[PDB]
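Presented below is the structure to which this report refers.
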There are 2 protein chains.
Amino acid sequence: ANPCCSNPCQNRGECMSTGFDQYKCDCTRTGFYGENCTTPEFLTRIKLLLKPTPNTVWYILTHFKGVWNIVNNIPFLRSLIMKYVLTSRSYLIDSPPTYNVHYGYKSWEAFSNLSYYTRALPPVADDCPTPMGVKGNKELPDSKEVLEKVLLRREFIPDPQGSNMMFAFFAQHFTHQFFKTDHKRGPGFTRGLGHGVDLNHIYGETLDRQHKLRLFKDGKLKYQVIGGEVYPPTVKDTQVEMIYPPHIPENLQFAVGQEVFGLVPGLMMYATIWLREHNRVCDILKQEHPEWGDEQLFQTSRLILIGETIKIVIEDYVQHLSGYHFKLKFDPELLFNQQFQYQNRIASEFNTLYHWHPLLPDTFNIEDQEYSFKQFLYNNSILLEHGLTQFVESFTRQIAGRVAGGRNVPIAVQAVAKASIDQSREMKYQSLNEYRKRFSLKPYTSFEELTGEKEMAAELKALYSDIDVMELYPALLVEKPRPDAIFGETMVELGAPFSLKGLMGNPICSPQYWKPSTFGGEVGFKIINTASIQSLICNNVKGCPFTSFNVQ
Amino acid sequence: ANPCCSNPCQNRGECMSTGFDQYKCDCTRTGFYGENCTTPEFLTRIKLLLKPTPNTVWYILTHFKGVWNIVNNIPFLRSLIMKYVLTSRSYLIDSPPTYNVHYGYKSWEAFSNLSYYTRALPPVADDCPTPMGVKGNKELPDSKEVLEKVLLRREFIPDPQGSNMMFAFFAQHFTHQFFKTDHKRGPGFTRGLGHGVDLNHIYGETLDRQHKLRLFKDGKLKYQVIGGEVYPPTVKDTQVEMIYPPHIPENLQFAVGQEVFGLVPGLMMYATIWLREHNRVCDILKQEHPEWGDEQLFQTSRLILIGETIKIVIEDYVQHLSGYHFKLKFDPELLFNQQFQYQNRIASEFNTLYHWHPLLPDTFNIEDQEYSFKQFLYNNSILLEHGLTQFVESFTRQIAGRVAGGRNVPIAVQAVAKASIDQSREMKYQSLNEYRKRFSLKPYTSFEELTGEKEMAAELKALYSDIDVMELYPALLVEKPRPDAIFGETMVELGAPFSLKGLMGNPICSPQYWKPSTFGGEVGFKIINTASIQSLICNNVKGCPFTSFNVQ
Ligand SMILES: *[C@@H]1O[C@H](CO)[C@@H](O[C@@H]2O[C@H](CO)[C@@H](O)[C@H](O)[C@H]2NC(C)=O)[C@H](O)[C@H]1NC(C)=O
Ligand SMILES: *[C@@H]1O[C@H](CO)[C@@H](O[C@@H]2O[C@H](CO)[C@@H](O)[C@H](O)[C@H]2NC(C)=O)[C@H](O)[C@H]1NC(C)=O
Ligand SMILES: Cc1ccc(Nc2c(F)cccc2Cl)c(CC(=O)O)c1
Ligand SMILES: Cc1ccc(Nc2c(F)cccc2Cl)c(CC(=O)O)c1
Ligand SMILES: *[C@@H]1O[C@H](CO)[C@@H](O)[C@H](O)[C@H]1NC(C)=O
Ligand SMILES: *[C@@H]1O[C@H](CO)[C@@H](O)[C@H](O)[C@H]1NC(C)=O
Ligand SMILES: *[C@@H]1O[C@H](CO)[C@@H](O)[C@H](O)[C@H]1NC(C)=O
Ligand SMILES: *[C@@H]1O[C@H](CO)[C@@H](O)[C@H](O)[C@H]1NC(C)=O
């Protein structure tokens with residue numbers, strides 16, 4: 001019924017109904033005009049020829065390594081390029097946010113209600129004839145069939161980029177502070193009202209939860225010592241609610257910021273490391289400020305660990321998966337002379353892109369042991385058995401699975417991979433090509449172009465019939481990977497804008513926050529600016545084991 | 001004890017303790033250096049000579065009326081000047097926000113907790129020897145003595161700018177959507193979690209309250225017809241909670257967005273006007289969009305009334321009290337090529353500046369009646385008796401009191417004016433001169449310089465002894481007024497940055513929102529851009545009575 005169901009407006013134009021069977025496109029500041037905003041203005045036509053393809057920019061950044069060696073050592077030039085990286089990506093994000101799962105039009109409810117994930121593209125109207133709008137059949141192909149044919153893992157396909165389990169669990173740990181779906185309300189809702197990197201997975205979402213976790217001495221968080229090693233406190237000691245099976249002994253019920261981090265020892269490993277990092281920073285700040293109280297020591301340490309997290313994510317984590325030879329740089333000053341909104345709203349699609357199920361291995365290999373999913377889940381006894389040192393060394397060695405390329409989703413999490421499909425449909429997501437156009441990508445003309453091969457493409461064509469009906473999430477996992485890369489084009493070109501906007505949109509990156517006094521002086525400021533995944537492990541894990549996000 | 005108690009850092013430098021009796025100033029991006037950030041850099045020294053005094057800029061804007069007549073009709077030039085107005089003011093505001101009543105240092109608690117008013121200046125630390133830091137005596141002068149000597153009204157002093165009661169009640173009505181002190185928590189807390197112009201005083205703060213107020217037909221709000229006139233619904237009919245004395249008849253207990261607007265008929269008058277405006281806009285939008293449902297009609301009308309509100313505040317309301325001959329302009333496009341944060345956090349100080357107690361008259365003169373405070377309070381029967389038309393005509397005629405100049409606080413509200421003083425001390429406000437310096441003003445060197453006279457100045461000197469101890473709030477009401485103006489310099493130079501930042505910081509002023517489709521097309525967009533305090537009254541009040549923010 002809705003005349004906008006066909007998504008007629010192009011180039012980020014906005015569609016509005018002007019009757020029961022008529023519409024109008026708002027071409028304001030899109031650079032285009034005409035009925036569907038497809039006729040480019042003069043300046044627009046120029047940029048279309050100048051601006052390079054994303055597979056060209058990716059090529060430049062991931063090749064000419066000898067040239068980048070020169071550029072990386074020229075601070076002026078390095079800053080110039082990183083500046084362009086930050087600005088060009090964040091331009092794709094609406095800020096302040098617009099739509100959510102319940103509003104395909106702008107409204108104060110959509111803006112003000114922080115319980116929603118926001119949406120980069122509006123939901124398909126409920127009164128639309130087809131799930132994608134007007135194209136396709138009355139119902140999308142069976143999600144179980146999509147899963148089994150092109151998603152489920154036959155043989156384990158390792159990541160050619162060499163991403164290890166330190167990378168895998170970091171991603172899971174890091175993103176679970178702003179991906180906290182409120183399953184009581186629905187998949188389009190979140191419990192992470194900070195909508196960013198606030199480290200609530202360490203300190204707790206609520207003030208009540210934070211105080212139960214705090215020692216209230218020297219700004220530190222509560223902890224316990226087991227075998228001479230520092231571990232998180234227990235549920236019994238702090239009364240913070242955690243998610244554990246009833247058969248789990250209460251001395252193994254560790255209490256941390258995020259309630260689900262008891263799920264896997266890999267998450268509990270990072271929770272422990274970050275816990276130690278907080279208290280380490282407390283000691284350092286106390287050395288500098290003996291006149292400071294517990295409260296200021298805590299708050300300043302939290303701001304410092306936020307800085308470290310963003311530092312590490314940009315210069316280690318993102319640096320790895322991007323495959324760039326350009327040396328990425330966390331420098332908030334790069335945006336001080338730029339137009340930039342220091343705010344963020346977590347997008348539903350960003351959460352969907354981050355469903356990296358194929359990343360998981362078939363077994364979790366710690367030391368000489370090889371644990372199954374059943375043995376690994378909710379089993380912190382494994383962590384106490386081997387220790388953090390053995391955990392880091394083992395996870396540094398074990399490679400992770402390739403995400404793009406198809407058929408690499410471990411069958412142990414098939415219900416989870418199917419939920420992504422189902423829930424994406426439940427949230428009325430628009431098609432793959434709609435999202436590609438939204439982020440300046442050309443639509444795929446065939447399933448073969450999408451997969452880069454023949455077999456899976458044929459399988460998908462039997463299911464979806466039309467390429468313009470192809471869903472976003474399963475397309476990410478079967479997409480033709482970039483040359484020896486872990487991802488396809490869609491994953492990176494869509495995800496980077498959400499990521500960098502979330503990282504740089506943090507208030508500590510703003511000019512009034514980004515100064516030594518915010519972090520207790522130059523000493524605390526230096527902790528942020530010299531942070532790395534290696535130094536994080538070195539300072540907090542016994543023996544200072546070598547670590548990295550790739551296998552050696 | 002705290003080495004920062006003397007507020008040693010100048011030019012918005014930040015003070016940090018480096019020991020029990022030592023400090024360090026963070027001079028980052030202040031334009032100054034040295035121990036106290038008092039030594040100007042070269043570029044800074046230039047601007048100091050170039051940049052004009054606020055009492056000179058005010059002079060230019062409020063004089064040379066013949067010249068402004070030419071400028072106002074040159075769209076390029078008018079836009080250029082309004083641009084500078086918006087940018088130069090908003091630069092004084094920290095955005096994202098920093099301090100609150102409980103944090104004199106930056107912290108994630110201070111940033112993330114929206115229940116706090118933010119603070120333009122940090123509170124004086126609790127372990128400071130004197131209430132202002134180090135200067136003055138152990139305790140500030142008795143607030144009752146300050147009140148009775150230089151604040152309380154002897155003879156009614158009318159506003160020379162001709163501000164009427166339409167202005168007074170507009171101010172009270174308008175500001176009570178973001179000044180909603182949570183008295184359960186303390187004076188530094190707020191219930192207005194939107195921290196801006198969201199019109200929650202019309203639509204309710206919570207979703208539960210909004211749905212009780214809505215008709216769920218044609219996007220409209222519930223209403224009742226009394227004597228052929230449209231008035232708000234009752235508490236009994238809608239079950240929304242309002243604040244009323246137990247003796248108030250339930251047919252007179254009107255239910256509106258703000259729970260306190262039953263307090264005075266002046267507020268209920270505006271609540272009724274805006275209620276009618278929402279339903280009027282619903283009719284217009286329904287005419288254009290018969291295919292729209294109740295929800296979209298409601299949401300779009302709300303965004304439109306938000307636009308009208310900002311439009312009226314800038315071009316009628318602010319236009320009046322500013323005294324400018326320059327024609328102010330609400331144009332979000334003026335900031336599209338500028339650096340600006342589309343966000344806002346309501347400052348405690350802005351609330352304190354807005355305690356315009358001297359504005360109130362001695363009686364509320366409606367038609368041929370003259371009501372006392374006792375008769376006027378909680379008496380909506382007055383509103384039904386005379387009607388909206390008579391209210392508008394009467395309030396347009398009745399002049400309001402001068403705010404600056406001293407001794408004009410009506411004794412009927414002395415308990416409220418005393419509370420303003422006491423709560424300011426409770427929230428540990430810094431001195432008047434500290435806040436003047438914060439907003440680029442020179443400190444007052446004497447009480448005579450502050451008041452511009454002799455008698456009140458002597459009174460204050462006996463109470464405060466030192467000018468550097470003089471409090472902010474009572475200083476506003478006794479300050480030497482600008483020539484034939486309602487305010488002194490401090491009130492305007494401090495308030496204008498808070499005001500304009502809140503208005504333009506609204507998400508509908510952002511480039512992604514500021515387009516016709518957001519407001520249902522050009523017809524709705526036109527409503528915002530042609531809104532005025534007169535058109536608001538003309539469209540919604542029978543007879544289209546003349547109205548204005550000044551007496552005729
Ligand atoms: C914002 O800060 C206020 C003040 O600290 C918090 O209110 C306190 O909440 C605790 C519960 O954890 C109560 O025991 C205190 O009595 C409250 N104090 C006051 C003054 O009300 C509030 O919880 C914080 N809000 C958020 C969202 O964290
Ligand atoms: C944000 O939106 C959600 C969804 O509309 C609101 O949750 C609803 O709240 C009402 C109460 O007013 C309940 O009757 C519904 O069952 C809730 N729905 C869901 C899906 O949870 C929520 O209240 C909104 N948040 C705010 C702060 O207004
Ligand atoms: C779904 C997704 C997409 C891209 C990235 N990172 C990334 C990338 F893979 C290439 C260039 C820049 C960035 Cl920020 C990430 C990881 C991250 O930035 O948090 C996730
Ligand atoms: C305490 C206070 C100070 C200044 C103003 N308005 C105002 C003014 F009085 C002069 C110049 C610009 C502006 Cl925005 C106002 C009114 C307002 O904008 O809400 C209140
Ligand atoms: C705009 O799009 C509609 C539907 O997508 C199409 O039928 C029409 O031809 C288009 N108009 C143009 C391209 O001018
Ligand atoms: C948990 O891990 C330990 C190894 O430390 C193993 O012995 C035990 O069987 C595991 N528990 C389950 C339920 O698999
Ligand atoms: C800085 O301020 C302190 C206290 O206000 C003062 O004692 C000191 O002399 C100042 N230092 C300067 C102005 O260099
Ligand atoms: C309320 O106003 C009416 C006039 O409409 C007046 O007669 C009455 O006395 C007032 N009520 C009180 C309690 O003063």
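Convention: sequence-line order gives letters A, B, ...; per-chain numbering from 1. As the structure lists them, so they are numbered: ligands from 1, and atoms in each ligand from 1. Per the header of the entry, the method used was X-ray crystallography, 2.6 Å.
PDB records give the name of the drug at ligand 4 as lumiracoxib. In the deposited model, the macromolecule with the most close contacts to lumiracoxib (ligand 4) is named by UniProt as Prostaglandin G/H synthase 2. For lumiracoxib (ligand 4), the other chains with a heavy atom below 4.0 Å are labelled B. The N/O atoms of B:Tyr354, backbone and side chain alike, include one that comes under 3.5 Å of an N/O atom in lumiracoxib (ligand 4).
Those atoms of lumiracoxib (ligand 4) that come under 4.0 Å of a heavy atom in B:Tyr317, given as number and element, are 16 (C), 17 (C), 19 (O). Atom numbering of lumiracoxib (ligand 4) starts at 1 in the shown order; those under 4.0 Å from a heavy atom of B:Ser322 are 10 (C), 11 (C). Looking at B:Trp356 against lumiracoxib (ligand 4), only its side chain comes within 4.0 Å, counting heavy atoms. Close contacts between lumiracoxib (ligand 4) and B:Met491 involve ligand atoms 1 (C), 3 (C) [criterion: under 4.0 Å to a heavy atom].
Residue B:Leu321 has at least one heavy-atom neighbour below 4.0 Å for each of these atoms of lumiracoxib (ligand 4): 6 (N), 7 (C), 8 (C), 9 (F), 16 (C).
Taking UniProt's list of heme b-binding residues in chain B, a heavy atom lies under 4.0 Å from lumiracoxib (ligand 4) for no entry. Every atom of lumiracoxib (ligand 4) is numbered from 1 in the order shown, and the set under 4.0 Å from a heavy atom of B:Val318 is 7 (C), 12 (C), 13 (C), 14 (Cl), 18 (O). Checking only distances, B:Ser499 does come within under 3.5 Å of lumiracoxib (ligand 4), N or O to N or O. Counting only heavy atoms, lumiracoxib (ligand 4) sits under 4.0 Å from the following UniProt substrate-binding residues in chain B: B:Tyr324. Lumiracoxib (ligand 4) lies nowhere less than 4.0 angstrom from a heavy atom belonging to B:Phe498. When heavy-atom distances are rounded to 1 Å, the UniProt active-site residue of chain B nearest lumiracoxib (ligand 4) turns out to be B:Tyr354, 2 Å. Distances below 4.0 Å separate heavy atoms of B:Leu500 from the following atoms of lumiracoxib (ligand 4): 14 (Cl).
Nearest protein neighbour of atom 12 (C) of lumiracoxib (ligand 4), counting heavy atoms only, is B:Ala496 CB, 3.6 Å.
With non-hydrogen distances under 4.0 Å, the site around lumiracoxib (ligand 4) consists of B:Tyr317, B:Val318, B:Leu321, B:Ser322, B:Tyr324, B:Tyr354, B:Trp356, B:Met491, B:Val492, B:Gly495, B:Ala496, B:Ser499, B:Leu500.
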